[PDB]
*Asks:* 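Hey, got a structure here with telaprevir (bound form), can you help?
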Amino acid sequence: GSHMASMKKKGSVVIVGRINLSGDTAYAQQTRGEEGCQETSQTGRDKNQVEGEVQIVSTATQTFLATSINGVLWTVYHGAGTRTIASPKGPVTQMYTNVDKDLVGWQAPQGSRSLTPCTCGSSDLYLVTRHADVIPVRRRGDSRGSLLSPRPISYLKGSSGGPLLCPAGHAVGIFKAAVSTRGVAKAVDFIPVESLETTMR
Ligand SMILES: *[C@](O)(C(=O)NC1CC1)[C@H](CCC)NC(=O)[C@@H]1[C@H]2CCC[C@H]2CN1C(=O)[C@@H](NC(=O)[C@@H](NC(=O)c1cnccn1)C1CCCCC1)C(C)(C)C
Ligand SMILES: [Zn+2]
């Protein structure tokens, strides 16, 4: 048995900022502070204006990224689980959930802009991090790329759910995991955009 009246609900994922890629300079903007984020996670009611393609999102314990592609805001299952996302009308249920792909998605919030999937086949990629660094990555397989400049794994913490882009700024993948050796990230693992496209039909 258990006491049902005291069973808690998981909070919603909350948009707390964005990585601004609109100009000549990439930079992180915060749109909600910690107290606001906590309240909004509980109510699921977020009246803030959303802008841009890459959102900074938070659960109760973690902060990471979510990326709009083709009208869906995507992130990683290992970060978001099955959580709703906060919105002006209250919590919004996931439109896609796939633990096997490590992928989730919600309808893209009004005001967001979407990336278009890459069609050029370029293996010269750019990873956008949660601190708005744009890091060159050479594609090494369907779901792997090598960092041109290896970094401590700390550099990539919080970037899960962010985009890998081709030279034309189209979406190639969603960053999911670092391949690390003695704390140094030499490569990255990602969910290829073709996998998102199959999920969408
Ligand atoms: C991302 O979720 C994030 O931004 N999280 C912060 C809290 C909000 C995070 C970004 C990492 C820089 N991703 C992860 O933590 C992923 C997820 C994927 C499912 C489990 C976790 C683990 N993870 C990783 O990136 C890990 N990497 C690995 O487990 C790789 N293995 C190794 O690096 C390794 C090293 N020595 C011996 C054996 N293995 C594997 C390699 C094969 C492909 C998948 C990843 C860590 C260790 C956290 C970087
Ligand atoms: Zn492209």
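In what follows, residues are counted from 1 in the order of the sequence shown. In each ligand, atom 1 is the first atom listed, and ligand 1 is the first ligand listed. Values below: every heavy atom of this structure, side chains too, minus hydrogens, waters and symmetry copies.
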*Asks:* What are all the ligands or chains assigned to telaprevir (bound form)?
*Replies:* ligand 1
*Asks:* Within 4.0 Å (heavy atoms only), which residues surround telaprevir (bound form, ligand 1)?
*Replies:* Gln62, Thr63, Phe64, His78, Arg144, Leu156, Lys157, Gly158, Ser159, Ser160, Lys176, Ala177, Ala178, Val179, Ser180, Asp189
*Asks:* Quick check: does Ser180 get an N/O under 3.5 Å from an N/O on telaprevir (bound form, ligand 1)?
*Replies:* yes
*Asks:* Hey, could you tell me which residue and atom have a covalent bond to telaprevir (bound form, ligand 1)? Or is it none?
*Replies:* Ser160 OG
*Asks:* Is the closest N or O pair between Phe175 and telaprevir (bound form, ligand 1) shorter than 3.5 Å?
*Replies:* no
*Asks:* Side chain or backbone, does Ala177 bring an N or O within less than 3.5 Å of an N or O on telaprevir (bound form, ligand 1)?
*Replies:* no
*Asks:* Under 4.0 Å from a heavy atom of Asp189: give me the atoms of telaprevir (bound form, ligand 1) that qualify, with their elements.
*Replies:* 43 (C)
*Asks:* Number the atoms of telaprevir (bound form, ligand 1) from 1 as they appear, then name those within less than 4.0 Å of a heavy atom of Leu156, with their elements.
*Replies:* 10 (C), 12 (C)
*Asks:* Within the structure, does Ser160 bring an N/O atom to less than 3.5 angstrom of an N/O atom in telaprevir (bound form, ligand 1)?
*Replies:* yes
